[PDB]
Amino acid sequence: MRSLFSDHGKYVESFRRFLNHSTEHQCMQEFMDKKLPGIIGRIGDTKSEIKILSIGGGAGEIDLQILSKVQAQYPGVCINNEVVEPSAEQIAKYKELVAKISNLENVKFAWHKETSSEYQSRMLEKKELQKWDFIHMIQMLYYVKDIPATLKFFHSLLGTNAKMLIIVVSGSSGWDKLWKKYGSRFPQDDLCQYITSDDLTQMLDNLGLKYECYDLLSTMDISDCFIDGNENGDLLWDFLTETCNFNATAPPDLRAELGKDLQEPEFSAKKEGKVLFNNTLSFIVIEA
Ligand SMILES: Nc1c2c(nc3ccccc13)CCCC2
C-alpha cells in the first residue's frame, strides 16, 4: 500500500472531492464571521501597521477573509501579510487569487517558499527577532515535525495584544476514532502525523501557554463510498485513508471493518438520504 501523499495528482483530486462533499469551507467561514471579529478586536490598537503571518498558503481564500475582518476593524491602517509556504504551486495559485481581487490597497503581500521550520531557523539566525500582531496556522500542523518547539517559537513572536489562531480536527470527531483504531494499519508517512485538538491542548498545557478552544460541527458526505465501483465513492476512500486506490490495493479483511465502522455512529451520523462523517473542527486561540 502506497500512501496518497506520494501521488501529488491523486492527492489533489481526492482533496478536491473532499471539499466538494463536505462543510469544511462553510465551517471556517462561519468562524470568520461570527467569532474572528471579536478575537482580532484589538490587535491593531495603537499601531500604524498591522503584521499578519500566515504559516500555510493552502487557504488563500481564508487568508483573504481574515484581512477583510481585520481591515474592517482598522480602516486606513496599512496591513503587512507574509506567507510561509513550501510549495511553489501553492504560492503561484495564491498570487493568482490576490491579483483577481479589486480593492486591497492597504495591504502588502510577501511570499516565502520554505517550511515553518526552515523559516524558523533562518530567523533564529538574524540577531534581531521581529514581532507579529496576528499569526495563524490553518490545518497544517500535521505536516510539522516538532510541534512543541513550533508552538513555543511562534508564540514568542507575538507582539502586544497579539494572537495566534490554530485550526485542527477536533478530538471528538470521526478522524480521531478512525486514526486511533486503524491508523496503525495504514501507510505511516514520515512527513505526516495524525493530530487532533487533544494532543494540542495537552502540549499547550505543558508549555504553560494560555489559550481558548472552540469546536464547530462540520460533516463529510461519504455516501458514494458505499456503492462499490463508484468513481467518487472511491476518491473519498483514498482521502479518508490517505492511501492510493484504497479498494483495489488493500486487504479485503480491512476494507470490511471500515465499511461496517464508517456507518457506525461514533464515526458518522445517518441523516435524510446521506451518511455524514464527523468533520468537527477545533479553533485554538492563544494569547501573547
Ligand atoms: N480535514 C483535513 C484533514 C487532513 N488535511 C487537511 C489539509 C487542508 C484542510 C483540511 C484537511 C489530513 C488528515 C485528516 C483530515
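Chain A uses the PDB entry numbers throughout; the residues present, in order, are 5-292. One-based numbering, in listed order, for ligands and for the atoms of each. In what follows, every heavy atom counts, from backbone to side chain, and hydrogens, waters and symmetry copies are set aside.
- Notes: drug at ligand 1 recorded as tacrine.
- The main partner of tacrine (ligand 1) in this structure, judged by heavy-atom pairs under 4.5 Å and named as in UniProt, is Histamine N-methyltransferase.
- With a non-hydrogen cut-off of 4.0 Å, the residues around tacrine (ligand 1) amount to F19, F22, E28, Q143, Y147, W179, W183, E246.
- Counted by heavy atoms under 4.0 Å from tacrine (ligand 1), the UniProt substrate-binding residues of chain A that qualify: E28.
- As stated in the entry, the source of chain A is Homo sapiens.
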